[PDB]
S.K.: 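I'd like to ask some things about the structure below.
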Protein chains: 6
Amino acid sequence: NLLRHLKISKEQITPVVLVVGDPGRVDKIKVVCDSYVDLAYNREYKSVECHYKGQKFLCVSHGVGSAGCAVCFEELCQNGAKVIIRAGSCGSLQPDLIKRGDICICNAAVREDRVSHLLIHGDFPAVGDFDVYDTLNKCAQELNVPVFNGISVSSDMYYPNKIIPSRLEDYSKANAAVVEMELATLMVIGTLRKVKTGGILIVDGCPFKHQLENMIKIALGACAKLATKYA
Amino acid sequence: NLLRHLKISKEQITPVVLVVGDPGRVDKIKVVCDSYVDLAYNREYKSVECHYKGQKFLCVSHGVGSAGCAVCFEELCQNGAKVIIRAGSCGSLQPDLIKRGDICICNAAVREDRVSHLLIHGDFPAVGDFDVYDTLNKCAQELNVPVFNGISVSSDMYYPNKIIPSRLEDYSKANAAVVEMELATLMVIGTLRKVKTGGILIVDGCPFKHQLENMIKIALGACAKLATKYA
Amino acid sequence: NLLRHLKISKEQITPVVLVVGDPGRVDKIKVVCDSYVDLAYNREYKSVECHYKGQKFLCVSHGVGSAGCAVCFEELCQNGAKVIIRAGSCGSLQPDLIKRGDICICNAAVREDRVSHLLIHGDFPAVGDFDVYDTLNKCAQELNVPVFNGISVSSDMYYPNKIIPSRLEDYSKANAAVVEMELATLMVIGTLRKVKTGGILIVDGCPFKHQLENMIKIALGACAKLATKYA
Amino acid sequence: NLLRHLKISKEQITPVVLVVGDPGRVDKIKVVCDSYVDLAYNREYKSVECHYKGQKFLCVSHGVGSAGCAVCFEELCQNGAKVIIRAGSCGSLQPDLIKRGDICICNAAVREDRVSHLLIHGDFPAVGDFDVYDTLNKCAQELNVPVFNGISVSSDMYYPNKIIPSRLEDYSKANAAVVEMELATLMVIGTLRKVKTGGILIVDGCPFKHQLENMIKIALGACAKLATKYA
Amino acid sequence: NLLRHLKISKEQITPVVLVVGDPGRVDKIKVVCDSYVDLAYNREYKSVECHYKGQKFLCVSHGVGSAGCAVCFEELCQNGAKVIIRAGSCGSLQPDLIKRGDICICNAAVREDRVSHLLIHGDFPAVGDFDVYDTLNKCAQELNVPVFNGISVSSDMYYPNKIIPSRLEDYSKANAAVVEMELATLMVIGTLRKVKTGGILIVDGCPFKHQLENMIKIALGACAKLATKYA
Amino acid sequence: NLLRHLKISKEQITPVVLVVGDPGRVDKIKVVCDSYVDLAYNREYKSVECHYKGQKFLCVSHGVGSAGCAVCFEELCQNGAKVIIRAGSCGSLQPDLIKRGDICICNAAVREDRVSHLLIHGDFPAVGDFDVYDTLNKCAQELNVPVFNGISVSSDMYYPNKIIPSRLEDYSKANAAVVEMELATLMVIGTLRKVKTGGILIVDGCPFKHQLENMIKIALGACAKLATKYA
Ligand SMILES: O[C@H](c1cc(C(F)(F)F)nc2c(C(F)(F)F)cccc12)[C@@H]1CCCCN1
Ligand SMILES: O[C@H](c1cc(C(F)(F)F)nc2c(C(F)(F)F)cccc12)[C@@H]1CCCCN1
Ligand SMILES: O[C@H](c1cc(C(F)(F)F)nc2c(C(F)(F)F)cccc12)[C@@H]1CCCCN1
Ligand SMILES: O[C@H](c1cc(C(F)(F)F)nc2c(C(F)(F)F)cccc12)[C@@H]1CCCCN1
Ligand SMILES: O[C@H](c1cc(C(F)(F)F)nc2c(C(F)(F)F)cccc12)[C@@H]1CCCCN1
Ligand SMILES: O[C@H](c1cc(C(F)(F)F)nc2c(C(F)(F)F)cccc12)[C@@H]1CCCCN1
């Protein structure tokens with residue numbers, strides 16, 4: 001009784017799941033835990049059980065882009081996952097303030113996908129669980145890692161054309177901090193299925209004009225903290 | 001140099017502002033503080049300086065509905081206000097779980113207004129500041145008052161007709177907790193102007209099928225806590 | 001058996017109602033009638049029975065903005081009101097032609113609200129009753145007061161930002177005369193509930209780059225004329 | 001220097017124009033005037049100069065549907081026409097009240113076209129000139145012909161399918177009286193170009209479940225009345 | 001048992017129909033066939049039975065614009081027509097490449113109408129039948145007539161205003177070749193009713209900055225080829 | 001000078017590219033060619049040079065979903081690819097007619113993504129190149145493999161919820177044949193960048209109520225045929 005795309009079973013699903021885009025990132029994360037168990041690898045979806053600080057939680061890759069990741073997240077959320085934290089990279093939308101390697105823990109997101117709109121009307125917020133956000137922030141503080149907080153623009157467009165103007169500049173003026181491609185989708189799906197979500201991101205560019213290791217530490221720390229509550 | 005609709009001046013604006021819909025509610029709130037100073041009353045917008053736990057903060061009425069309240073909130077946000085907490089009433093969207101007199105502290109809202117859409121594209125979240133939410137929650141806990149947390153549906157429609165179906169049932173299924181008329185507007189305006197916002201509401205009905213005093217205590221407590229940081 | 005927000009009863013509702021935004025305006029209007037009876041004051045909604053030229057009609061304040069005023073107008077329309085005329089202020093959209101203190105009697109309006117869209121699809125016109133418009137015009141003429149006629153832009157945005165362009169310039173080029181915030185809402189609600197509506201406005205600004213007394217006279221005149229038909 | 005589709009020249013354009021859909025209707029109208037002059041016939045656009053009650057005005061066919069008629073109306077409005085009255089047939093949207101052969105003089109219309117939306121944002125009303133409406137009504141009264149007044153639903157769909165529900169039932173509940181295909185387009189174009197418009201229609205069906213001659217008389221009467229003002 | 005607007009009967013409908021906008025074009029086409037039979041002329045809809053290369057097919061005029069032509073096309077498609085090819089004129093959207101008199105055979109179209117949107121959601125393509133396109137192309141080649149291939153922008157706006165920008169420039173950059181007013185409507189209706197459609201157009205202008213006879217030959221050739229299959 | 005996500009270089013890009021969703025599918029395809037060269041594997045994007053019938057063309061995996069695949073397709077289209085054919089699986093939208101294992105070669109698609117809408121207005125068709133479609137069809141015929149032809153619904157939603165109705169039933173009634181998740185995106189991107197595209201799909205389910213090998217043969221055959229033209 002395996003999940004259709006993750007090819008893992010319901011019993012293999014822990015309460016806390018760390019998600020990342022790249023299956024290769026799962027491999028670099030697992031070796032930084034105390035131990036791990038490889039579970040499956042199907043398409044872009046790679047699943048490993050991570051063991052860290054006496055706690056147990058999966059790390060799963062979701063692929064690039066909202067529709068791809070919705071299949072991952074739906075399979076998790078409908079099969080016992082209670083907390084999903086996305087860790088990844090992003091573009092800065094405030095290049096004067098937030099620079100290469102800076103880390104942003106996000107509370108909400110702009111819904112520039114389609115799938116969330118196929119699930120619920122556009123007016124509904126893409127918003128993470130406060131507790132997951134508080135936990136992520138507290139782990140950062142404990143490790144003395146400075147971080148930013150803010151809204152991420154989640155967009156299905158990576159390569160713009162020159163016909164329809166990009167809204168990234170509008171959202172920068174609206175004080176959105178960063179840009180990526182899956183957080184909003186995660187948050188809407190999460191909310192609809194009673195799954196607590198959050199997101200922590202490392203800036204690796206700007207669309208306009210050691211830190212990684214720390215980001216990962218923060219994310220694994222938050223997962224261990226959250227996991228403790230369900231064990 | 002008075003504000004056009006609030007008829008108060010920039011110097012009279014404290015860092016923290018409590019907002020409520022009804023000017024009569026301002027009067028019932030002020031007398032529960034240690035002392036107060038009546039500042040102005042113009043149209044539906046009543047402003048009083050509240051004194052509570054050694055702290056100083058305004059209580060301002062915003063009127064019914066999103067466009068009316070946007071004029072209030074814009075005048076505050078553009079003239080020195082740093083934290084705005086809305087306190088009011090709402091309908092329950094989960095009548096089995098959340099009942100008459102229950103109190104909900106909200107993290108985000110559904111944007112069923114127009115004014116927010118005239119300010120920023122629909123995909124952008126209506127989301128409150130986490131710190132304001134954490135503060136509100138902590139005051140509740142300190143007073144041993146149980147509370148719910150969740151998304152509020154902010155709608156410009158109070159009296160439905162029978163032509164266009166209401167989305168309230170959709171949003172209830174999407175796990176939105178409550179319904180009111182101004183929170184989303186507050187949150188978008190707040191975000192756009194770098195003003196930290198939040199909302200605490202008391203259930204007084206359902207669109208489908210002592211506690212007040214406690215709500216007010218929580219709200220005044222959070223305002224005093226937040227105010228301390230800027231004095 | 002009181003109306004929920006107006007706090008008046010069905011029997012207190014006359015066939016003709018004059019509506020204005022500001023409760024203070026009700027007070028300045030009532031004293032210009034032959035006599036009056038104060039009925040209620042709840043939130044921003046102030047109701048007074050006006051007596052003028054042997055006729056009987058209410059003057060009710062509706063607050064600022066479309067959602068707020070929809071609660072007022074729905075309570076009136078569902079409880080026996082047959083004719084509602086809004087009197088108020090507006091911005092000029094044709095500053096070369098229509099200046100400070102000029103009076104505009106409006107036949108239709110731009111629906112830049114939300115509530116009307118929650119009632120009926122966007123394609124439907126916001127249009128006043130011709131008879132109410134003809135009456136308003138005829139009273140103006142009788143008093144030898146010059147007036148303009150045209151479409152009003154009804155917008156939920158008073159304070160623009162600099163992200164999303166305002167449509168006010170588009171509508172000025174489309175030959176819309178004035179701008180305000182509630183007429184469209186009135187007209188749609190009116191049409192949906194078989195209530196005859198209209199609007200007369202005095203210019204008090206421009207968003208781009210004695211007369212009051214006369215406006216009020218015109219409005220009270222039209223109300224007396226219309227009221228005569230139902231008594 | 002002929003108009004591109006009407007194949008008439010600017011000098012041949014009178015201040016008042018009667019428009020109808022069918023070129024054959026122009027022929028049946030012209031012979032009921034005192035005299036006439038055939039001007040042109042190109043595609044569906046037939047133009048004749050009508051002479052009636054000592055007055056001079058064109059009767060022009062506009063074809064079926066909004067985009068077709070917009071070319072007619074734009075050529076008229078940009079080349080000296082001041083008043084355009086559409087006369088035609090329609091479906092009843094209130095079959096209990098308004099029956100086969102009843103005549104409706106319309107004040108406004110539902111914009112279920114595209115071309116008007118390519119000219120101006122959806123929120124803007126399709127509304128006729130009050131004076132043209134008053135004139136049409138007064139001619140009816142003079143001839144003792146009973147008439148209805150109301151909003152027409154102007155739709156680009158004549159033959160519905162069974163996938164997307166028709167809004168005709170919604171608009172019937174919204175108290176729209178009749179349905180046709182060009183009035184809204186006329187009214188928007190009219191408003192944008194400072195041309196006074198109106199519409200008088202005879203019911204010839206229902207989408208749900210002697211009089212002609214009188215309609216035509218009313219229309220020719222109104223044209224003669226309006227024309228007198230510019231001669 | 002006549003069709004309501006075409007005024008022909010079901011038995012008079014051939015499997016292949018050539019459609020054109022102008023009823024006068026039907027007259028110039030019929031005389032180029034081997035023989036013909038005039039069937040009807042009602043409003044802008046002129047129907048003639050064409051006889052060419054031993055084959056039998058109608059030529060029908062559809063009028064200007066999408067809503068008008070939808071009535072024509074629906075009456076054909078619901079009454080036995082299997083193949084509809086539109087032949088007409090268009091504007092070039094690539095003036096450097098495609099010039100006056102050049103001929104474009106179109107595979108798909110931009111849906112800038114309303115009626116198609118009243119039939120099926122905007123996301124659905126306006127696309128012709130490949131076989132009809134292949135046939136049209138092969139007839140061109142047989143007659144050694146050079147042709148272009150591409151998407152046509154079908155727009156309900158002929159005369160732009162200066163408020164809402166035209167999308168024609170956007171679609172030119174998107175590599176749309178030509179512009180006209182009815183192809184998209186034909187293609188959607190065709191697809192919905194299982195009718196095979198296509199379009200061949202001759203450039204006669206640009207919105208920016210012998211060949212006819214050949215176009216007609218190509219169109220009559222394709223109709224004869226297609227007709228052979230059903231006889 | 002490697003492509004950012006494909007991690008191949010411009011010189012490694014052939015004129016014809018076969019694309020598939022699953023990187024594992026690339027592996028099963030390559031071994032069926034005469035020979036191959038593994039080029040790269042980064043994230044879900046696996047690239048191999050295929051050698052077949054004396055011809056040279058890449059096979060590249062694009063991942064699940066529209067936004068993910070747009071990064072793949074944009075990198076190809078902007079770096080020398082002239083023909084992209086997608087081969088994959090789909091759901092049947094006509095379960096009576098089109099069954100498990102049946103193969104559909106698609107001419108156009110429904111744009112239920114977001115990224116295409118961020119590139120060009122919704123009215124623009126998602127349509128493949130006719131020549132690629134003709135080639136695919138001819139290879140099928142040569143191998144005596146029966147196939148269907150039609151429109152695919154491309155949707156970003158795989159797992160529906162029960163709040164917002166799925167349009168799949170609407171599109172089935174509109175005669176769309178199949179459903180998948182990337183074809184529309186491919187086709188729009190293709191059209192915008194002057195890249196010829198197409199799609200061949202094998203039915204493996206229905207959302208309502210040997211053949212593989214043949215599909216692959218057809219796809220490799222079409223790629224070899226198309227490649228011959230550029231070598
Ligand atoms: O989402 C991450 C990301 C996205 C985008 C955006 F969507 F705006 F173009 N920009 C990114 C940037 C950018 F340079 F800011 F543009 C840097 C790092 C990651 C980015 C990447 C997207 C490609 C796949 C990996 N995630
Ligand atoms: O926003 C509060 C409120 C709104 C609405 C809604 F918008 F859904 F109809 N319902 C409320 C309810 C309701 F009964 F749940 F419907 C109770 C108490 C306050 C409500 C009120 C609205 C009227 C003015 C005072 N705030
Ligand atoms: O609706 C009236 C009004 C509105 C607006 C608009 F919505 F465009 F900004 N502009 C007004 C102006 C303006 F100056 F034209 F902008 C003058 C007087 C009244 C105005 C005011 C709005 C604030 C509350 C009282 N009614
Ligand atoms: O606009 C007139 C008309 C339209 C429509 C509608 F658009 F709803 F289907 N219904 C009509 C009806 C109808 F029967 F009510 F449906 C009767 C007479 C004229 C009608 C006709 C439409 C066909 C061309 C002549 N005008
Ligand atoms: O559709 C044909 C057409 C349309 C348009 C457009 F819709 F863009 F304005 N432009 C055309 C042009 C134009 F000059 F390119 F603008 C030339 C020839 C026919 C055109 C004409 C439209 C008027 C009625 C006859 N078909
Ligand atoms: O796009 C293919 C596909 C999609 C969908 C849809 F989007 F409707 F749900 N349904 C599919 C079906 C379905 F069973 F018809 F629902 C079968 C096989 C592939 C399908 C799959 C989607 C998951 C990732 C692989 N492609």
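Naming convention: chains lettered A, B, ... in sequence-line order (proteins, then strands); numbering from 1 in each chain. Scope of the values below: all heavy atoms of this structure, side chains included, with no hydrogens, waters or symmetry mates. As the structure lists them, so they are numbered: ligands from 1, and atoms in each ligand from 1.
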S.K.: Return the drug name for ligand 4.
M.R.: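 PDB records call it (11R,12S)-mefloquine.
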S.K.: From the contacts in this model, which chain binds (11R,12S)-mefloquine (ligand 4) most extensively, according to the PDB entry?
M.R.: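 With more contacts than any other chain, that's Purine nucleoside phosphorylase.
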S.K.: Help me out: which other chains have any heavy atom nearer than 4.0 Å to (11R,12S)-mefloquine (ligand 4)?
M.R.: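 By heavy atom, the other chains are D, E.
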S.K.: Which residues, given by chain and number, touch (11R,12S)-mefloquine (ligand 4) within 4.0 Å on a heavy-atom basis?
M.R.: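 With non-hydrogen atoms counted, the site is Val64(D), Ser89(D), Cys90(D), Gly91(D), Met157(D), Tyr158(D), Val179(D), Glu180(D), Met181(D), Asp204(D), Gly205(D), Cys206(D), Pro207(D), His5(E), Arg43(E).
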S.K.: As an exercise, identify every atom of (11R,12S)-mefloquine (ligand 4) less than 4.0 angstrom from a heavy atom of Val64(D).
M.R.: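 Selected atoms, number and element: 24 (C).
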S.K.: Could you check which UniProt-annotated purine D-ribonucleoside binders in chain D have any non-hydrogen atom under 4.0 Å from (11R,12S)-mefloquine (ligand 4)?
M.R.: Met181(D)
S.K.: Just which atoms of (11R,12S)-mefloquine (ligand 4) are under 4.0 Å from any heavy atom in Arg43(E)?
M.R.: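 Heavy-atom distances to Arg43(E) below 4.0 Å select 25 (C).
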S.K.: For (11R,12S)-mefloquine (ligand 4), which atoms sit closer than 4.0 Å to a heavy atom of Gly205(D)?
M.R.: 13 (C), 14 (F), 15 (F), 17 (C)
S.K.: Identify the closest protein heavy atom to atom 15 (F) of (11R,12S)-mefloquine (ligand 4): which residue and atom is it, and at what distance?
M.R.: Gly91(D) CA, 2.6 Å
S.K.: Taking only heavy atoms of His5(E), which atoms of (11R,12S)-mefloquine (ligand 4) are found under 4.0 Å from at least one of them?
M.R.: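 Listed by number with element, the hits are 23 (C), 24 (C).
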S.K.: Just wondering - which UniProt-listed active-site residue of chain D is nearest to (11R,12S)-mefloquine (ligand 4), and at what heavy-atom distance (1 Å precision)?
M.R.: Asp204(D), 4 Å
S.K.: Tell me which protein heavy atom sits closest to atom 2 (C) of (11R,12S)-mefloquine (ligand 4), plus the residue, atom name and distance to 0.1 Å.
M.R.: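 The closest one turns out to be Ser89(D) O, 3.9 Å.
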S.K.: Under 4.0 Å from a heavy atom of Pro207(D): which atoms of (11R,12S)-mefloquine (ligand 4) are those, numbered in the order shown and with their elements?
M.R.: 15 (F), 16 (F)
S.K.: For (11R,12S)-mefloquine (ligand 4), which atoms, with element, lie under 4.0 Å from some heavy atom of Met181(D)?
M.R.: 1 (O), 7 (F), 22 (C)
S.K.: What is the closest protein heavy atom to atom 21 (C) of (11R,12S)-mefloquine (ligand 4), and at what distance does it sit?
M.R.: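 Heavy-atom neighbour on the protein nearest atom 21 (C) of (11R,12S)-mefloquine (ligand 4): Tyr158(D) CE1, 4.3 Å.
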S.K.: Tell me which UniProt phosphate-binding residues in chain D have a heavy atom less than 4.0 Å from (11R,12S)-mefloquine (ligand 4).
M.R.: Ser89(D)
